[PDB]
Structure formats: C-alpha cells, structure tokens
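Figure: structure with deoxycorticosterone.
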Amino acid sequence: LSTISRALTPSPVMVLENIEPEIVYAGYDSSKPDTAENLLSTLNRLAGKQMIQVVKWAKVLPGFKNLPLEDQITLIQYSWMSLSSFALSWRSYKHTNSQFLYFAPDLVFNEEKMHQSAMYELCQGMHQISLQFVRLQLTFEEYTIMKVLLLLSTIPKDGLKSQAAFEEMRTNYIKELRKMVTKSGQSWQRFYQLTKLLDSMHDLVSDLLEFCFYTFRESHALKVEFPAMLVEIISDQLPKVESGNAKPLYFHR
Ligand SMILES: C[C@]12CC[C@H]3[C@@H](CCC4=CC(=O)CC[C@@]43C)[C@@H]1CC[C@@H]2C(=O)CO
C-alpha cells in the first residue's frame, strides 16, 4: 500500500466526471420535412450513436467492469432507455435551462417538434424531469451519480449471475449520493428528493418503452427506421420485458 498512491487517487465522483462521454450529434438533416417518420427515425439514429458511447462509458465505470460480462450486458440493455431520457433531461437543463429538449446540439426540440414527433406526451414527461432539475438546482456531481444508479435500476426478476457483487456496487453508489447531498439538516430532505425522482423514472421509462416497442413492431407500416444498435437491443429486450423478466428496483413505494 502506497501512502502517495492512496492520497492521489480520484474519488469515484472525479472518475465519473473524467469518463462522462462527450455530447453526441444526431446528424439531423434540416432539409427534410419534419414529419413523425423522419423525426423518429432520426431520434433512433441518435439513440444508436449515443448507446455506443454509453457502452464505452460503462466499460470504464468503477465497479461495473468487475461484474460478469453477462450481467453488464443485461444491465445496459435493461436501462438504456432510462439513461437516455435522463441524460436528455440533463442536457436540456444545462444547455437550455429546461426551455427545450436538447436531444443533441444539432437537434433541439421545441413544442412544435414535440407535436410533429407524434410522441408529444412522452416529450412532456421527459421535459418535466428537466423542470425538476431546475427546481432542485441539480448539480453535475449528483447527476453523474444518479445516472450510475439508473444503470443499476432494473435487473432480472431472478437476478444476475453475481447478485452479491451487484448489490454491493449499488449500495456503494447510493452512499456516494448521500455524501454528495450532505456537502445535515437539509441533507436528508435532499437525498429523499433525489431517490424519489429516481423512482419516478420507472413509470416514465415504462411509457417510453411501450411506445418504443410499439413502433418497433410496426416499424414497416410506420416507416420508422432503427439502427442495428437499437435493433440489437430491442430485439432481445422486448421479449424479456413483456415476459415480466425485468424487475424494477425502487427506493420507496
Ligand atoms: C426510442 C424513441 C426514440 C429515441 C429517443 C427515445 C427517448 C429518449 C432519447 C433521448 C436521446 O437523447 C436520444 C434518443 C432517445 C433514446 C424515444 C422514446 C420512443 C421513441 C421511438 O420509439 C421511435 O420509434
């Protein structure tokens, strides 16, 4: 054990900041008409590019790499939607002050786009999270920890290969959050507000997935395109979810 090495080691929070992926661009073609077909296909394309960066992020995520390859794949598949809309809400909060849905720098949604996307209510749900970020003045530190917790929010009804190791890393990250919001009195209130917001993601993600699975099934009739990345994810996720094999983890309720 090195006295120096231990003192110079980055806190998990600092590591989260270092590994956070750079903002990804959607490659949105502004010359094409803003119809549901084009906007949804474009969002799905963006989703793909983002998931590729998410996997690289999870690969170097403290504690995550120590999980069986099998569990890592499962966790990612189960949570990809949760991480997507949560990151969406964050960028919207930071770069727009929650005035718009900042899917990407080249793709910012206003009320109009929301209507044209044919998923207006789902957009309102995600936007409502951003509004909360404003009311709470959420910090980037709290954000990164919470995003990690979401990665570990849905598991197999029966469990992962290394259930013990998983509950460990999870509990450690929860503790990391407690420490953040403490930097008590208003600390306990803060922590509960954040865990309560994390739980609320499940009903939101449930509705987002329902529409995702629907548009996936009717992809041809709707003319909605999906990148191989998402085809790969949804193909395997959809049946597990509809089979009741996905188990949501809550803090309350
Ligand atoms: C999957 C989805 C398109 C892709 C988006 C997702 C909502 C969250 C999200 C946030 C992003 O920053 C990139 C795209 C994305 C992952 C939508 C919910 C339903 C919609 C469709 O099902 C289109 O067919």
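Each residue takes its place number in the sequence, starting with 1. What's counted below: heavy atoms across the whole structure, side chains too, no hydrogens, waters or symmetry copies. As the structure lists them, so they are numbered: ligands from 1, and atoms in each ligand from 1.
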Would you mind finding the main macromolecule in contact with deoxycorticosterone and telling me what it's called in UniProt?
Mineralocorticoid receptor
Provide the number and element of each atom of deoxycorticosterone under 4.0 Å from a heavy atom of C212. 22 (O)
Give the UniProt domain of chain A with the most residues touching deoxycorticosterone. NR LBD
Can you sort out which atoms of deoxycorticosterone are near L43, meaning under 4.0 Å from one of its heavy atoms? 3 (C), 4 (C), 14 (C)
Check whether any N or O atom of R91, backbone or side chain, sits under 3.5 Å from an N or O atom of deoxycorticosterone, and answer yes or no. yes
| message | Which of the numbered atoms in deoxycorticosterone are under 4.0 angstrom from any heavy atom belonging to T215? | response | 21 (C), 22 (O), 23 (C), 24 (O)
- Contact atoms of deoxycorticosterone, heavy-atom distance to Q50 under 4.0 Å: 11 (C), 12 (O), 13 (C)
- Query: Counting from 1, what deoxycorticosterone atoms have a heavy atom of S84 closer than 4.0 Å?
  - Reply: 8 (C), 9 (C), 10 (C), 16 (C)
### Message
At less than 4.0 angstrom from any non-hydrogen atom of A47, what atoms of deoxycorticosterone do you find?
### Response
14 (C), 16 (C)
Ligand-side contact atoms (deoxycorticosterone) for residue partner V224, heavy atom cut-off under 4.0 Å: 24 (O)
